[PDB]
Structure formats: structure tokens, C-alpha cells
Asks: 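Here it is, the structure, as C-alpha cells.
For the single chain, residues carry numbers from 1 onward in sequence order. Technique stated in the header: electron microscopy, 3.6 Å. Excluded from the calculations below are hydrogen atoms, water molecules and symmetry mates; all remaining heavy atoms, backbone and side chain alike, are included. For ligands, and for the atoms within them, numbers begin at 1 and follow the listed sequence.
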Amino acid sequence: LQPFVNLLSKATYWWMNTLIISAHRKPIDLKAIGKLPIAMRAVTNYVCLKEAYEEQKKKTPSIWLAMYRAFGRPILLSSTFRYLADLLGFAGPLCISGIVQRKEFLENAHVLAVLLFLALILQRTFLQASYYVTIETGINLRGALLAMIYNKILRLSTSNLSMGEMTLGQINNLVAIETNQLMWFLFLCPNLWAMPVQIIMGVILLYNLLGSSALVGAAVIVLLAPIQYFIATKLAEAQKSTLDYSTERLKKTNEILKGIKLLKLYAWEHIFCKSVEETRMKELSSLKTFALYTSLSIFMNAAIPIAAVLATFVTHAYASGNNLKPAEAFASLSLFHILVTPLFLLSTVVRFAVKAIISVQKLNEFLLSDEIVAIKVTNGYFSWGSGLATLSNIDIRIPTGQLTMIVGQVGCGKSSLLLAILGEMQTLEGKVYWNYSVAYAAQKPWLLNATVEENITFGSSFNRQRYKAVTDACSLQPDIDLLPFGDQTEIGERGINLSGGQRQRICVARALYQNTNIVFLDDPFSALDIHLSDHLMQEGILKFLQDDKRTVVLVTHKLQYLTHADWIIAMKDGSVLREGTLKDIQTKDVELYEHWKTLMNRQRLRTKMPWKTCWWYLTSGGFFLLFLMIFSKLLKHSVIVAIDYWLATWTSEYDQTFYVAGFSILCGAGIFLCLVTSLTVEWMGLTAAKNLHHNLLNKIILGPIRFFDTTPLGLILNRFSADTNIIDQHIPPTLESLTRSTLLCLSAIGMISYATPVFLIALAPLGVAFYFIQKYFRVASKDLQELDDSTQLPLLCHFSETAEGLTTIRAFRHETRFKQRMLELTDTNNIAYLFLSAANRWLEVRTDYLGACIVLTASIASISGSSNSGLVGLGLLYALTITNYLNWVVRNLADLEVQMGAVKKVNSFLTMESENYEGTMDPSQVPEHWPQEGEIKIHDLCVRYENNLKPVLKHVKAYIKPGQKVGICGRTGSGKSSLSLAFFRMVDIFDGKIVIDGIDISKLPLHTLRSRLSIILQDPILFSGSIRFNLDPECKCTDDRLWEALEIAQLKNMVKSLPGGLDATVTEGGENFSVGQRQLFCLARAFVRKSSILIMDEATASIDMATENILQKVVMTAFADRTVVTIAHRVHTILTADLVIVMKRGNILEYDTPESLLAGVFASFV
Ligand SMILES: CCOc1cc(CC(=O)N[C@@H](CC(C)C)c2ccccc2N2CCCCC2)ccc1C(=O)O
Ligand SMILES: Nc1ncnc2c1ncn2[C@@H]1O[C@H](COP(=O)(O)OP(=O)(O)OP(=O)(O)O)[C@@H](O)[C@H]1O
Ligand SMILES: Nc1ncnc2c1ncn2[C@@H]1O[C@H](COP(=O)(O)OP(=O)(O)O)[C@@H](O)[C@H]1O
Ligand SMILES: [Mg+2]
Ligand SMILES: [Mg+2]
């Protein structure tokens, strides 16, 4: 008995029942979901797939044959289950015919009801078993493919010829999408054979039941596959265009958020809002065609069946002597409902098959890519794959336990020599003799997305003693302390960015820490200060490494410390000039030794569905559209039910002109209302998306700066990228499907109840059962989706990590550890996805048994209760129909809940408070040339960044003469920038008042105040587009004024050199210019602003010495007339000022002419 009970448990997915039921007390964390059975682990699947692929390559090799030889048996079994399911499912129409007409007990009309019940139960059990088996094999294939491509990545070659700039993109695409497309094709694989057979058998059954008149309907419906494929192609094209425009919009939005403070200061927030709204309008224009084609798809899907039914029954009435009997009519109707789904989804199956062919071609093209005392080399020619000898005639020697520095000119080949030693380059000749893992500090530093502690340890055992030794020797303890968490701090692309010097120091620390006898350091001092380099060499290279008697080779152009080098390698143009000790080199090569000296001298609580947010989304478009949607859908479903009831009435009898006319009118109304409802739903979706995004962008850009400082930019960009995409594309189709399924189920229930009143007694318990299933599945699946996504993200992150810095991994010999990590991550992701699919199967099976119970009850009650044969057929038809949609209603309800979560996020963002833009003072009281005078005063200023915080500035009072140069200085965190922000009003004023030109700055429309004031920040920021755009996006000044400003800033020559002059394009972040160039561009912007007041915060900061001097000259000359308030670090510049206000942790402190306070914290700083 036990094996049979276990088979039943595996058939109804009872093993997921406990998990789903426990999804209430505690969310489903990874502990609840056990580990994969050894059969489904990624290691075994990878072994099988690799074995098959190698067998293929034994005799060009095809991934298709390897995949078949690996996972053909599971899919063959799934196909067998699918065929049995189709055969049993065609017991619906046949049994409907038998029951509607009514030793051989099969015609008793009661045994047929229980036969229908059993056949339906077996059909759905087999169908769900087939789905689960195909999904299991698909996930196994995804695991195997990920492991195989990861091994190839580990075995890739780093030559620029093969691993191009887009190689990382290709690998990431393979991991993310291509493998997913192949997995989905595996999921849908049984359909490619199950659906054509089902369609052919359905058409044959229609022909047998309904005479030759079934051919017309069969052809009309079969025309539904080409149409669906055509509109699917159109949808793909429209979605590609929409994604392009959305990417442009998101680039603009990200640029806006990154540097919001500067935009708000410069009153350019609304200009960039208009710029983003232009791209949003284009995206909505594209989405209009996308939604039009989606509406056409839904209209075809819901209308072609009705047109086919109309044609079939008109032809049968006007071309067959016998009248339309009830049994045959409703059997044909059920067969049409059965065949509509295969014909609609065959297009999707074929589309995925084509995409999988493309994906496999891409994967194969990738897999066919280029790959591959202490140390002595002899007669070694190394090439990067081109064929030319990049390095020739190498006779290098690296004595054990000694320092061997390799020096040469740039482009010499030193890094190439190290990589060749590591085996990353093809060895045309020669050999490399080892007398094992070697620590490698790549010339380009590489850091994992893990924490600093893990990155520096890099998998080795933690030793606080050695950790501190390396950190102090690396001089990284201060930079570590400055981190928000110190150790255990996220870094890398996703983590907190670090300066290049910090990254290189981290990499050098990693190389030093690990226990290896050979250490390869390549230009560790490229991004380090002279003092930092000296400390690193004296403490780490000389002492720390010599303590363990390790072997170190250092590649650096800094000839300094060449005396400390036990061995020296002189290389030039890919060839060793001389190798040996400094004294030996000088004795043998006097010229070289003297040459180096020349360079030396040079210097769960909540689970309720969000109904409030759902209603808010529904009403967002407008009450008229919502009313039209509801009315159109109700009228369409009433017309469809009327069509079926009119069919029943027509078949009741047993001339036909009246019935045919009425039926044709009803079918025409049905198709017209299908079109109307599709258009209305898409219209509502479009209006909702437009309104929501418009309001969200406006509110966010108009919000306070404190919000931007608090909320990470990641969250806001996610609200603009993921939530916006959901609202645009996923919500409308999901709502359409949910409403269609809900109304179909309700109409079926109502029609069954009317035809068979007794059905309500058995409907009462099934309602409770369905409610419980709905609740439990909704919560469980909502949790499992989050689990799956959170598990998926680290997998792509790890693939990106391994793709980069491959040389570091293969130099540490830590490839095995990374491979094991990948196997663990992919196993976790696969188990998460598999259990999500298992929850789906659980729900589907329970709802299938519920539908079987509904069908049994409806059949028995209708047979018992006398009724028109047509009415009995109608009841049975709807009892079969409700079964197919009971599952989809709940699944779409869960999806709608998930998406209303995102809409709730957007709504919450809409509720953010807005800055007090409105100014108390009358606009008419603000003269146009208000800031011309330059008069400025302060009255015990007290500014707090946010309420309930200690005042950054407290009781500051000062007077500034018109057209006067004022200076500001102080130690870090002294509140210097607080005064500037108060000037601009961005930072709220806790107490006091500031008067500019005899007006209260606080009591003014903040836009006017911001526009007519000039501010320069520490790091210059440039916005994408033309130079003219950056000079004045408002376009409220003559073009020649821009040339005058450029000439004043001394940038006229640079602009002229670039093509197009003022129209020369500019890249985000100033990548098209040097830092000094960006700073002088900002200075030119301030000049063209003609504010007459200049505020500078670290203008010289991050500025070249020549850049600093030219900026100082420009400030002295151009802005002489206008007031200048300088907040700088170097006191040198402020010396030329006439009034300096130094502050210390909230105190006006010193205020007098530079000489006045020199009669003395200022003197100490100077
Ligand atoms: C992650 C998807 O894993 C599945 C995988 C399957 C296997 C499968 O050949 N389905 C047929 C549907 C059957 C009823 C015709 C199909 C065909 C084309 C497109 C999508 C689909 N299906 C995929 C979802 C959209 C409609 C049904 C079933 C169900 C699932 C599932 O979600 O649980
Ligand atoms: N990964 C690579 N793939 C292909 N060719 C490379 C690669 N790295 C360097 N080369 C080429 O090999 C030759 C020497 O490269 P190498 O890395 O030694 O440059 P370098 O400027 O001497 O380095 P360093 O920064 O250490 O001074 C040059 O032709 C360089 O273009
Ligand atoms: N966005 C902010 N929100 C709240 N407080 C801040 C913010 N920025 C700086 N502060 C606080 O204000 C004080 C003054 O810093 P400040 O003088 O502006 O720095 P800097 O010298 O770099 O200009 C600091 O001690 C800091 O903690
Ligand atoms: Mg190099
Ligand atoms: Mg500052």
C-alpha cells in the first residue's frame, strides 16, 4: 500500500501542502525549502550534459544531440502523459453527447456522469504530472547549461582579440536571457507534438459529430494560429521600440537624480522635467501601438471562436437535412472551446522554438571561443593569439625568497611577461619551469561585490594578527575607518564606490594576505601617493613579505627603491635588455645604470489584498473609462451567455430562418463587443500609466532635497524603472485576464444554477474550498516569487564577477572554489524556482479536482432534474468551461496582488511632501534687476538640515558690502556649506533672517531666488547634450553671449576645436572633458547667469594647479564687479580676499580682514 500512497502524494503534490499551509505562521525562508535531491543538483546535471557533449565532440558537435541524450527520457515520459491527458480530455465532448442524448450500461446516462468525473480527474492529474516533469527537466537543463558556460568562462582566454569589449556583455546575455529562453523552450517542448495531435483529433471529432459542416468552423478557427503569430511578431517589434524609448527615458531620469542638488540650485528642475516628459510622450506613443496590437490579439482570441461557431451552425442548418440536435451541437461547442486554446498557444510555442534555436546557436558560437630558482624561462616566445611574437627571447630568472623588480618603458611588455608566466598567453616556443598558486595584484584592480573583509581575505582563514599586519602595512586602516561599517562594508559596482588608489591598495592587501610563496605585484603604485608607496614598500614589500621568506616580483616604472631590489629585470619593447643585481647591471651595462639615474634625478503580520490601491489604479484613468470597461465586459459576457442559451433554444426543437437570423445577430454583437471591451481595457491601461508616471515624476522632482539625501537613489530609480514598466505593460493584460476569467466563472455558475437549481447546495462547500485554496496559494506564491528573485540576483552577480578578473582567479588557483560557489548558487536558484512551480502545480491540481467535483454535481443534478435537453447540454458545457478558468482566476488574482504592490509603492511616493515653492511676498514687489546691488546681511542664522537635529549653524551674524569679495574657511565638518545652502534656501532656516538687496530670502518664491544666484560646487557636473544646452538649458540668452562667456573662461579654443562649436555633444559625468574643463564650464555657466552674486564651495578642490591658477584669474577679473563668497580648503586663495568668516562647529568665530586676524587660528592654518 505504501508505494501506492507515495505515488498518490507525488501525483497531487502533497509534499508542497505542508509548506504552503505553513506559509502563514512564518514566511518561506530557504531553510523551509530543503536542498535539492542529489538527482536534481547542478553538479550531476552538469556531469551528464558534459558527458553527452564530449561524446558528441568525439565525432561541429551539436548541443541539441547532447541535450537529447541527457534529458530525453524525462521529456518522453512527459509527452506520454500529455498524450494520455489529451485522449482523456476528449472524453468531455463525447460524454456530453452521451449524457445530452440520454447489456450496455454506458448509455444509462448516470454511469456516464461518473465516467466523465473519473476521466476529468485522470486528465488533469496526468496534465499536471506532465507539466511538472517537463518543468523539472527544463530546470535541470538550465542548471547544466549554467554550469557548462561557467566552466567555459573559467577556461576562457583574456586576449583582446577574443575577449573583446563586448565579450562580457555576450556572457551576461547568455547567462541571463539565452539560457532562460532555452529553458522555456524545454518547458513548452511537449506541446510542439501534443497540440497538433489534439487539434487534428478535435477536428476529426467535429467532423464525425456534426457532419461535413464542421470543416467550415475548423478552418475558421485554424486561421487563428497564423493571425496570432503575425500579431505576436508585431508585438515583439512594438515592445522592442518601447524598450528603446524607455531606456532613453530612464537614462535621462537617472541623470536627473544623480545631481539633483545642482539642478535644484540652478532652477533647472523643470527644464529637465520637460526633457524627460518628451521621451515619456514618445514612449507612450509607441506603447499605444503595442497596446493596440495586444487588443487585437485579445479580440481575435475571443472572437474567432464565435465567428467559427456562427459559420459552423449556419452551414449545418443550411446544408444538412437533419436539424441541429442538442447533443451534437453542444459536443461541437465544447470541442471548439477545447481547440481554441491549442490554436492560440501554438503560435507562442513556435515563437519560443525559434528563439531557442537562436539561443542554442549563440551558445555554441560562444562555446567555440579561444581558451587557455623559483621560476625560470628559456627561449620563450609568447603571443596574444595574433601570431606576432609579442615577447621574444626571454631568459628570466626569479630567485626564491628575494625581490625581483621588472622595470621598463610603457608598452614594454612587463605585464605581458607576468601573464605569460602565469600561462595566460600562448607559448609559441620555450617553457616555464616551476621549482602552484601565486598571488596576483592585477594592473587593473579587481574587487568582488562582497564586503571588504571577505574581499581581502579572499577565502583564506581569518587571522586578526595577519589582517592587522596587512592593513597597517597597506595603510588602509584610516580608509577602512572612514567606511560606514568599516569592515563588512559592501564595495564594487553595486556596493559603495572607492577611489582607484583605494581599490589598488585593497588588491595589494589581498595579494599580501594569502599564504603563497610567489607574489606577483603589477604596478601597485600607479594610483598611490609617494608617501603611501614608500610606506607600502618599506612595511609590506620589505618587512611583511620578507618575514615569511616569500618571493616577490614587482612591476613599477618608479625607479626609486631599485637599491632594495635583490634582482632587477631590464626589459624594453618586449625583450629583456639585462637581468641581474643592481651592482651587476652597472658593472656589465654602465649606460643603462647611468640612464636610470637620469630619471631618478627628475622630480505573517499582513496578507490582505490591497483593495484600496486596486481601486485607486482603476479610477486613475478616469471614471468614464472604468464605467465603460465594466459595462462593456458585462454586456459582452451577457451576449455570450445569450449566444449559448439561444443555441440551446434552437436545438430544443426536435423553418430555421428565425433562429439563424437571431443567432447571427447575437454573434455579430458578440464579436463587436469583444472588440469594444479589448479597446476599452487597453485605453484605460494607457491612461492610468500616463497619469501615474506623470504625477510621480512631477512630485519627485518637486520634492525636498532632504528626501533625496535620505532615500537611496536606487529605490527611486527602481520606482521609475520596475514599477513604471509593470504599470505600463503587465497590469493591463493581467487585469483583462482576471476580469475575463472571473466573469466566465460567474456566468457559468449562474447558468448552471438556473438550469439546475439544486446545484447551489453543492456550490456552498466548494465556495469555501476555493476560498481556502485561493488564500493559501496567494500567500505562498507571493512569498516564493520574492525568494526566487532574491536567489536569482546573486547568480548573475557572481557570473559578472567571474567573467571579469578571470586572470586573478586563475592566478590564485582559486578556480575550484569559485566553481563550487557557482554550483551552490545555481542549486539554490533552481530549488527556489522548482518549488514556485510546485506551488503552481499544487494549486492547479486542487482546482482541477474542485472542477471535477463541480462537473460531477452539475451532471448528476441535471440528469435527475427534468429539463430541456438543450438546457442539460448547456449546463454540462458550462460545468466543463468553469474548470479551465477556476485556476486562472486565482493565478491572475495573485499576479494582480503582486502588481498592486508596485502601484502602492508608486502611490506612497506620490504622497511625499513638496517644498514651499509659493512665496509669501508679492511677485510684483521683486524687481527684475534685484541682485544687482549685491547687498547681503545675516541675523544670527540658525540652519538645521532636518528638524529635531543639532543646528549645523547657530547664531551667525555678518554684514557684506555690495560688490565685495568675502572668504570662508574652516576645518571639515565646520558648517561652511551650510551658509551657502541657507543663501540658496535649500537647507531650512531654524532661526534668524538673511537679507539680500533689502529682501527676505526666505519670504520669496524660491524659484526666483535660485535662478538669480550663482553657485559652484566641489565636483563639476555636466548634463548630456550639446554645449549650448549645458550653458543655458532655459534658452533665455543670446548665443553670442555663450561665446563671450567661453572666451572669458578661456574655453573658446576648446569649443572651437570640437566639431560643431557650441553644438558639440557632451556626455554625462563630463567624460568628454577634463575635470578642470568641467569646472571652467560651470564657471562659464555662472558668468552667463549674470547673478551678480557668486558662491563657491571648494572651487579649487579637485582642480589642476594650472586649472586652479586660471580659475583664480577668472574669478579675479570676470567676477570682480559681482560679490564673491569663497568656501575653499587651501587658505592661499582666500588671502587675496578682504573679509574672512571662519567658523567652528556652529560659531561665527573670527570675522575681519585677513590682516586683521593676523595680528590666531587663521595664522596657524596659513
Ligand atoms: C513557469 C511556467 O511553467 C508552466 C509550464 C507549463 C507547460 C505548458 O506547456 N503550458 C502551456 C499551457 C497549456 C495548457 C496549453 C503553455 C503553452 C504556451 C505558452 C504558455 C503555456 N503555459 C505557460 C504559462 C502561460 C500559459 C500556460 C504549464 C504551466 C506552467 C505554470 O505556469 O505553472
Ligand atoms: N590582455 C591583452 N591582450 C592582448 N594584447 C595585450 C594585452 N595586454 C597587453 N597587450 C599588448 O601586449 C603588449 C604589451 O602589453 P603590456 O600589458 O605589457 O603593456 P604595458 O604598457 O607595457 O604595461 P605596463 O602597464 O605594465 O607598463 C602591447 O602590445 C599591449 O598592447
Ligand atoms: N545632507 C545633510 N543632512 C544633515 N546634516 C548634514 C548634511 N550634510 C552635512 N550635514 C552636517 O552638517 C555639518 C556641517 O558640514 P559642512 O560644513 O556642510 O561640511 P563641509 O565642510 O564638507 O561643507 C556636518 O557636521 C554634517 O554632519
Ligand atoms: Mg601593465
Ligand atoms: Mg563641503
Asks: Which of repaglinide, iodipamide, ribociclib is the molecule at ligand 1?
Replies: repaglinide
Asks: State which chain has the largest number of heavy-atom pairs within 4.5 Å of repaglinide (ligand 1), named as in the PDB entry.
Replies: Isoform SUR2B of ATP-binding cassette sub-family C member 9
Asks: Out of curiosity, what organism is attached to chain A in the PDB?
Replies: Rattus norvegicus
